[PDB]
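Opening remarks: the structure here includes atovaquone.
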Amino acid sequence: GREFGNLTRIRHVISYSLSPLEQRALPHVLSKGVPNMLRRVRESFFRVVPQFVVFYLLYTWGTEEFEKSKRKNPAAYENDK
Amino acid sequence: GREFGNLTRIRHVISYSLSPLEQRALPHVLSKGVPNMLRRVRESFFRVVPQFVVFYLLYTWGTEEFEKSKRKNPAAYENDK
Amino acid sequence: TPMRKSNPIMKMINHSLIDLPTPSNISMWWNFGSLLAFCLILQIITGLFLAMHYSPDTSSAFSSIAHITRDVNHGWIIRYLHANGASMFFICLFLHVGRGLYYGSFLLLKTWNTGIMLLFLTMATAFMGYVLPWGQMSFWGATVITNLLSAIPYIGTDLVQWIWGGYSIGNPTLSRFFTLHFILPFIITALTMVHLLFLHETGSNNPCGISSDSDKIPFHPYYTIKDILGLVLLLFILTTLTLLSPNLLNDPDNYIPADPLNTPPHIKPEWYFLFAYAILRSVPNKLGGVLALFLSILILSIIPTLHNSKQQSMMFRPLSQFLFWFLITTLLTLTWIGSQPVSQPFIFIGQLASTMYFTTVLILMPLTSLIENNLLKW
Amino acid sequence: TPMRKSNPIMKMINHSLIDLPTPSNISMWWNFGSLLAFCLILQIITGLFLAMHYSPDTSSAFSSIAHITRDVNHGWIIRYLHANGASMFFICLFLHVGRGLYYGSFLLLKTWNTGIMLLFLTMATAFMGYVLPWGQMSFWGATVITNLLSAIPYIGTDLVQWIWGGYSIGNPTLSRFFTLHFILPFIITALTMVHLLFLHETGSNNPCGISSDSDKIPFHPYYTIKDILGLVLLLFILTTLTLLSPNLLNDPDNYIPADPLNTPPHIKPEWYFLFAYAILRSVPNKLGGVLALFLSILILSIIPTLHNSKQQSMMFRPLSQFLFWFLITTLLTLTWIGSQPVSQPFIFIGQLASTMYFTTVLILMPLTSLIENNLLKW
Amino acid sequence: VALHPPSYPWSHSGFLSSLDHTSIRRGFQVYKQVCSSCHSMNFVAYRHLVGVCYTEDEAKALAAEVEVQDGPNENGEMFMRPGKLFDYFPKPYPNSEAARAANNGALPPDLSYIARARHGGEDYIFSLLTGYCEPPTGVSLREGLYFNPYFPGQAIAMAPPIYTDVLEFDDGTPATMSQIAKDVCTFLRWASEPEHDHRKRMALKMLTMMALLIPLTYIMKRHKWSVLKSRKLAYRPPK
Amino acid sequence: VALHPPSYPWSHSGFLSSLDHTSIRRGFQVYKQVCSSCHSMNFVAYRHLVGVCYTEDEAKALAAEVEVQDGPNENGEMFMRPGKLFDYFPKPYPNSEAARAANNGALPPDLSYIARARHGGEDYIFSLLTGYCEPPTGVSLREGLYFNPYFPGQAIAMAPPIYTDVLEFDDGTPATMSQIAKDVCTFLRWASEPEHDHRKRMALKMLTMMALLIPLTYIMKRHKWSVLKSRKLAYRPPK
Ligand SMILES: CCCCCCCCCCCCCCCCCC(=O)OC[C@H](COP(=O)([O-])OCC(O)COP(=O)([O-])OC[C@@H](COC(=O)CCCCCCCCCCCCCCCCC)OC(=O)CCCCCCCCCCCCCCCCC)OC(=O)CCCCCCCCCCCCCCCCC
Ligand SMILES: CCCCCCCC/C=C/CCCCCCCC(=O)OC[C@H](COP(=O)(O)OCCN)OC(=O)CCCCCCC/C=C/CCCCCCCC
Ligand SMILES: CCCCCCCC/C=C/CCCCCCCC(=O)OC[C@H](COP(=O)(O)OCCN)OC(=O)CCCCCCC/C=C/CCCCCCCC
Ligand SMILES: CCCCCCCC/C=C/CCCCCCCC(=O)OC[C@H](COP(=O)(O)OCCN)OC(=O)CCCCCCC/C=C/CCCCCCCC
Ligand SMILES: CCCCCCCC/C=C/CCCCCCCC(=O)OC[C@H](COP(=O)(O)OCCN)OC(=O)CCCCCCC/C=C/CCCCCCCC
Ligand code: HEC
Ligand code: HEC
Ligand code: HEM
Ligand code: HEM
Ligand code: HEM
Ligand code: HEM
Ligand SMILES: O=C1C(=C2CCC(c3ccc(Cl)cc3)CC2)C(O)=C(O)c2ccccc21
Ligand SMILES: O=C1C(O)=C([C@H]2CC[C@H](c3ccc(Cl)cc3)CC2)C(=O)c2ccccc21
Ligand SMILES: O=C1C(O)=C([C@H]2CC[C@H](c3ccc(Cl)cc3)CC2)C(=O)c2ccccc21
């Protein structure tokens, strides 16, 4: 079936490659890779983060409320006698 | 691979068949089948049977001998005192 | 020809993982299937060893595990490995599902359906292993899960009593749990092979959602070394969890043996289940609760049917992405609610989280897809 | 196309048992493979049920079987079926081997070798099931079979003690027997599938030993109904053995529980093993005895190599046929000798039978084949 | 070596013959009054007698006759109570060392499968029970053994257990040694194999069915294969 | 609800810190002389103390101090003998009903995994042992309960078990309540998890290894993928 002899039909594309032993494995990290990671974080920040911030607010609120609910109310004894 | 389209190369053979509903399932038993079974037994009798007969003789002999070996020998007490 | 292609067994291996054409551009999210397989293998091995010391009897189960962890040479670490491997197995499983939801790989229908089957099987297996120690949590977990079939209106109670083998949970039920837990993993293995057979007829989808037949590379050497790297990382994490912090996920209430007369005040299943538990807790009706429990997972089967987008992947679809991450946070919320007592704030929050989960899968995503289509003018 | 051919799973089924080309002229001797598969399935089912009531502990094994046969509803017949199915399994196995020796089907090398593997696996399985009741015969059978590895000169005793898990046969060994007996049948299943995969690349040999590609018929409907008839017959025999005469093959000495201090005066394994036992009894040296024991089965692997005939089948080769039946009688003789005390007549007869078995396979058949060739003038 | 038992004509030995339940009822009295002094029957309980020779109420009545240990009570101590249907026939000794101490070193076996655990089955046991006699000339017995030709070795620790009028049957049958032996043997047959009668019952049915299915499927096979069985060939080369 | 225990600085809580075996040796004396009156420790035997704080000979000596039931003897009877290495610490009561009868209805738990079976672990137990006090105003206790804020419910059946000079340590350490509590807590830590020290020992090694293997395999990956990472394309139609 699917085999490297007849996958698709292409015309007029040229490629060039070096061998691994001719070139470096980690050529430019701090001059190219770091800024690229930075933009890659920039492009997705506001699509992911705010939902989790909202989750954090909800969690803390619900915890606080549950913990208030367990403390004794002075009006339950002071009001009528 | 092996498929009914290209198994082998044959020329000039004719076949004829009836449908099952046109003919009988057990057409001639006692006039044809019985004698055929008889010859089929005849053609193999002496290639199979004598070996088993020999096995039977060996079995019976060995049994008899083992059973004799367990009976007391009078000369073991009569001979010297 | 090379021997690589001389023979059916060898040629199937070759079409599977030597000369298979893979996309050049798939990312780390595609490593988690091989890690799943690794985890299955680890579980089977460590289980076959444990099996030779465990006792499927209610009067010695607990103490057989004590024996394993105290007297068997390095038995403690084998126990630790089994228990932590299950956790890793589910981590990988969840991430594996989520990928496919994000990148639109559910359009490979056969692979997707066999995946749903596998999810169900793995969950059954994990639960039937969780009750074998016969601690205090194990017992009541068994009880609840086997009472679930009482909700079937006409035949339910009889089904419960036919699974128990008696008037109540007891010795005849533990051997059933153990036989089933023994046999299921191998059915899982066979179905995994079918799963991959279905996959290799089309090949892997990729992050861009467009056809990659102009830039296919062979599986070997590229993805061989890539998956080996992934495995090394998984082993580092697993070892640190096994030796440096073994009690991180552990539950004290399962170090008390079973007592049929007392349920403990605070109930909590294993973490990979909490969310279902929350869903089950959220409906004030028995039958409706169970129905919701099962639909929560069965709903994945109609995602392919509700797909309206012209594009396959969410990579180029921002509104979609926003909704995706909101759904993930709803699931986190259900997990958190599952840990808390059944008290009023958490009751109300859980009900909202459940309604929003189904809402989002069934309504909001389809409609955002239509809006998106209109914005691109088709 | 028809759906029969629309899809890989379906098309594999179709190439396996719908549109497969089979010889028109093969006889009843070709029914015993399907019966073998049936038997495997029967064994797995009845075993999964028994498993849920048995106790792999030396202080309750015996009594768990008593419980099964007295208190479980129809448990007695399930026990009966398991035990008799094993016997049928070996009957079919022996007949299946013998066919191939007679009709020259060992020239399908891959199928033959996978068959030898399967024979070995099935024997292991059967023996490890035979020791689970922990009766008086079971115990000493275990003992002998696990002492066998002491014959390995440098490392043997240590292997024995590492399989025991202690200084002697005991509780830690029974759980090992039970885990292994649980897992092996499924390995057998997988290897059976590989076996048939190898077969379907060439197709079935036939009684005449000449190529049948001029007269192939489809598997369905002809051999479907033929094999169904065979199965009906097997079920009639199995039922009569289970209900009308259950004690025919039964051994009283295994209804006495185990006593580590006394071996009974008269020792006898299960019938399908007697012949090996006889062979093991016939060599006055330990190492030589064990070596002969294993070679008796391993010798099948070089039959393809000793084949000199121009023709494949014995159908047209009478001297050959005579020798074949003499070999079968030697095996009957070994079976009979295995049943008898170790006393002098039987000692001597067994030694002759053993030497004649190996002699016949290794020398007489090759030479008769050469004579035959010369008589036909090639 | 041991003497081979002859075959007695037992009424249950036919292919479809059931057990005689009267003989079971009497054999069970023999096993109460005589044979349950030495021997245990660890795998039988009173609930098993219901529907075989007793009603539920009468089996409860049998149970009630025996004291059984139970507990702990609310104070942490054991006590004794009357028996119930779900209790097992009581043991004669607490442990096998005590059993040996009470029988001069020999251990009486459990009779719950004695009939399936001996060559010859109930033919042997009968032979053993009726078969004691005085020893041959030249033979001697050590301290506390008897002679019995049907035992392997011919020396046996067990003294002759039964004789005429060693008990009385409630149905008025005359209690000669032979009658007692035959009845206890029938009872041991039932104790070793309760599924007997139902098994034969069930054989009739499903064997009839499996016998019926053979010719039908054979006919179907013949129908499908007639196409090939009557085929005719010819060879016609241009020559 | 219950009061949350504070975190004490235990010397074994570091990632690679071992247990203090001196404190184990003293804690074990505390568990002999005091805490093994009510409580069982069913999963520990004397052979387990060898190589931890005792030689084999001295552990045999500890064993020898206790009588243990054994048998049956050759007559079928039970008897009493001195202990051995392979015997388990002895139980205080024969059954839990007897344990309840001796503690006014309450059942003392087994302390073999108490430190792993409670929230807070050894922080809780210490808190519980040191933490008794007189009740608040408005609070009352039924017959035979004490007040303790670190128990869920604040009413507990167990009376304050320890005080200053309730025993004397053989190493001369001053036996103040606090010291006693800390030591018995260390001992319960060891009783719940013997593999502790060896586990940390083994972590150092295999974590170093698995950490080393990451960058190496990453380098190999980068080497194989550089071919694609630097590839250059061009499009040249005849136009
Ligand atoms: C209380 C328990 C009750 C139990 C009841 C059991 C009832 C069972 C009923 C079974 C019914 C089966 C019906 C099947 C129909 C299938 C139709 C079909 O297509 O068949 C094709 C198939 C043949 O296939 P094929 O395509 O021709 O290929 C085969 C060969 O390749 C062909 O090669 P060839 O052509 O060269 O061969 C020719 C010749 C070759 O001939 C030879 O080789 C020569 C033979 C010579 C023999 C001579 C006599 C004996 C030796 C004497 C020698 C002299 C001794 C001298 C001694 C001297 C001492 C001093 O061979 C034959 O013709 C053989 C035909 C006969 C087959 C017999 C099968 C027996 C089955 C037994 C089953 C037992 C288990 C039952 C269950 C028990 C449960 C407890 O069979 C037939 O054609 C025959 C069908 C009819 C068979 C009937 C069998 C009845 C058995 C009844 C047994 C009752 C007693 C049980 C006792 C149990 C004790 C424990
Ligand atoms: C006694 C102590 C132990 C001693 C152990 C010694 C062995 C050490 C390990 C050696 C590993 C094997 C290295 C050599 C392998 C050579 C394989 C070979 O020649 O086959 C290659 C060639 C490749 O196929 P094509 O692609 O078609 O070739 C066409 C080329 N244009 O053939 C094949 O397909 C591969 C065949 C593989 C054969 C492998 C044989 C392995 C033998 C192992 C023996 C071990 C003995 C252990 C004894 C232990 C003590 C009892
Ligand atoms: C022991 C306790 C375990 C608790 C549970 C653990 C599992 C759940 C973990 C939840 C948090 C997962 C965070 C993963 C990192 C997210 C990083 C991120 O936002 O990156 C966005 C970045 C954007 O890339 P692209 O759109 O492709 O375009 C870039 C190329 N130009 O990557 C992505 O968006 C890829 C998203 C892939 C799917 C991720 C799925 C994560 C959650 C899956 C499990 C959730 C539960 C199960 C869900 C399904 C239930 C039916
Ligand atoms: C409520 C009580 C229970 C009621 C049960 C009712 C059902 C009873 C049993 C019915 C069995 C099915 C009979 C009809 C099958 C029709 C199959 C069909 O149409 O497909 C044939 C056609 C053949 O393919 P081609 O060769 O390509 O055709 C080309 C022709 N030139 O399609 C196929 O490939 C086969 C498709 C099979 C579909 C089978 C559907 C089965 C549905 C079963 C429903 C059972 C419901 C049970 C409910 C129980 C109570 C909750
Ligand atoms: C519960 C106890 C079980 C005891 C053991 C049971 C299994 C062993 C049974 C042994 C007896 C088997 C007898 C089978 C019937 C023989 C009939 C016969 O002789 O017929 C000969 C007739 C002649 O036909 P053709 O030469 O093809 O030409 C005719 C066409 N013109 O048929 C044959 O020769 C076919 C022979 C096929 C093989 C038969 C094999 C029988 C024995 C096999 C098992 C033996 C043990 C294992 C052997 C292998 C060990 C490595
Ligand atoms: C105490 C006086 C006994 C009574 C009453 C019965 N039996 Fe017994 N039996 C007793 C002993 C000490 C032995 C051991 C014999 C030996 O040689 O070791 C036995 C043995 C048997 C056996 C075993 C026979 C065999 O071949 O192993 C049987 C079948 C048996 N006894 C049956 C039996 C029956 C039916 C009794 C009631 C009528 C009975 N025994 C009573 C001691 C005593
Ligand atoms: C008899 C006077 C006892 C002595 C001596 C010791 N304990 Fe005990 N303990 C006893 C009882 C009756 C109970 C039951 C308490 C209840 O409310 O049911 C206990 C309980 C404990 C517990 C359980 C704490 C929990 O939260 O469940 C612990 C951890 C405990 N006891 C520890 C302990 C220690 C260290 C002792 C020796 C210093 C000790 N106990 C002695 C009765 C008695
Ligand atoms: C034991 C459980 C599972 C195992 C062992 C397993 C294994 C694998 C493997 C090895 C792959 C190869 C590609 C990859 O790794 O991404 C894969 C792909 C895939 N899996 Fe599974 N899987 C399991 C469960 C699931 C589940 C639960 C689902 C969905 C709910 C699923 C759906 C898919 C899909 C759709 C693909 C192909 C998607 C693509 O290539 O883009 N699988 N699986
Ligand atoms: C997908 C594969 C598997 C999963 C997810 C799984 C999961 C689990 C889990 C969660 C437990 C309980 C852990 C604990 O109590 O700490 C368990 C226990 C157990 N499992 Fe597995 N298991 C798998 C495969 C197997 C296999 C193939 C066997 C074969 C015998 C096996 C045998 C056992 C045994 C004996 C136990 C009890 C021992 C113990 O609790 O430590 N498991 N399993
Ligand atoms: C579990 C054990 C086995 C199973 C389930 C099995 C199954 C089968 C089946 C279904 C067939 C189809 C053709 C037929 O029925 O004759 C077959 C053929 C064959 N079997 Fe096996 N078999 C087993 C063991 C063996 C053994 C032990 C051997 C040899 C020592 C063997 C050698 C062969 C050969 C050579 C063929 C093809 C011969 C021919 O077509 O002429 N098998 N087997
Ligand atoms: C080729 C497949 C199998 C063979 C040949 C086989 C054979 C046997 C044999 C000969 C026995 C002893 C019979 C007796 O003592 O009367 C036995 C017992 C047993 N087998 Fe199987 N067996 C197979 C498959 C299985 C499987 C898959 C299981 C799964 C659990 C299983 C579970 C058991 C159990 C629990 C027993 C002990 C119960 C008893 O002795 O009645 N068996 N087996
Ligand atoms: O990891 C795989 C993979 C497979 C590799 C080999 C694995 C494996 C697991 C266990 C064993 Cl014993 C052997 C191989 C199974 C997964 C497979 O089939 C794909 O198609 C694929 C596509 C894209 C990215 C990764 C993969
Ligand atoms: O009350 C429960 C409970 O409700 C469950 C539940 C959790 C969800 C499970 C579940 C069932 C089906 C699926 Cl598809 C997924 C999860 C079923 C058992 C538990 O696991 C449990 C464990 C221990 C004590 C109590 C309990
Ligand atoms: O003395 C033996 C003995 O020698 C074997 C033997 C029989 C042959 C077996 C065997 C081993 C390997 C193969 Cl490939 C085939 C059979 C091994 C055990 C028994 O099965 C046995 C059972 C019960 C009591 C004693 C004995």
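Reminder, nothing fancy here: chain letters follow the sequence lines and each chain counts from 1. Remember, it's 1-based here, ligands and their atoms both numbered in the order they're listed. The figures here come from the full heavy-atom set of this structure, side chains too, leaving out hydrogens, waters and symmetry mates. Readers should note that the entry appears only in part, and the reported contacts come from within that part. Going by what the header records, the deposited coordinates were determined by electron microscopy, 2.7 Å.
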- Message: Help me out: which ligand numbers or chain letters belong to atovaquone?
- Response: ligands 12, 13 and 14
- According to the PDB entry, what is the name of the macromolecule sharing the most 4.5 Å contacts with atovaquone (ligand 13)? Cytochrome b
- Under a 4.0 Å cut-off, which other chains come into heavy-atom contact with atovaquone (ligand 13)? C
- Task: Considering only non-hydrogen protein atoms, determine which one is nearest to atom 11 (C) of atovaquone (ligand 13) and report residue, atom name and distance to 0.1 Å.
- Result: C:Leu293 CD2, 4.2 Å
- Task: Around atom 18 (C) of atovaquone (ligand 13), find the nearest protein heavy atom and jot down its residue, atom name and distance.
- Result: C:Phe127 CE1, 3.8 Å
- Could you find the nearest protein heavy atom to atom 26 (C) of atovaquone (ligand 13) and give me its residue, atom name and distance? C:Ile267 CG2, 3.9 Å
- Query: What part of C:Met123, side chain from CB on, backbone N/CA/C/O, both or neither, has a heavy atom under 4.0 Å from atovaquone (ligand 13)?
  - Reply: side chain
- Item | Ligand-side contact atoms (atovaquone (ligand 13)) for residue partner C:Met137, heavy atom cut-off under 4.0 Å | 23 (C)
- Message: Can you report which non-hydrogen protein atom sits closest to atom 6 (C) of atovaquone (ligand 13), along with the distance?
- Response: C:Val144 CG1, 4.5 Å
- Task: Counting heavy atoms only, name the option from C:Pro269, C:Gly141, C:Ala276 that's nearest to atom 23 (C) of atovaquone (ligand 13).
- Result: C:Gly141
- Which of the atoms of atovaquone (ligand 13) are close to C:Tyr277, meaning less than 4.0 Å from one of its heavy atoms? 1 (O), 2 (C), 3 (C), 4 (O)
- Message: Taking 4.0 angstrom as the limit and counting only heavy atoms of C:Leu280, give me the atoms of atovaquone (ligand 13) inside it, by number and element.
- Response: 4 (O)
- Query: Which protein non-hydrogen atom lies closest to atom 14 (Cl) of atovaquone (ligand 13), naming both residue and atom, and how far is it?
  - Reply: C:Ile297 CD1, 3.3 Å
- Where the closest heavy atom to atom 10 (C) of atovaquone (ligand 13) is concerned, which of C:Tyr130, C:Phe139, C:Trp140, C:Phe273 has it? C:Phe273
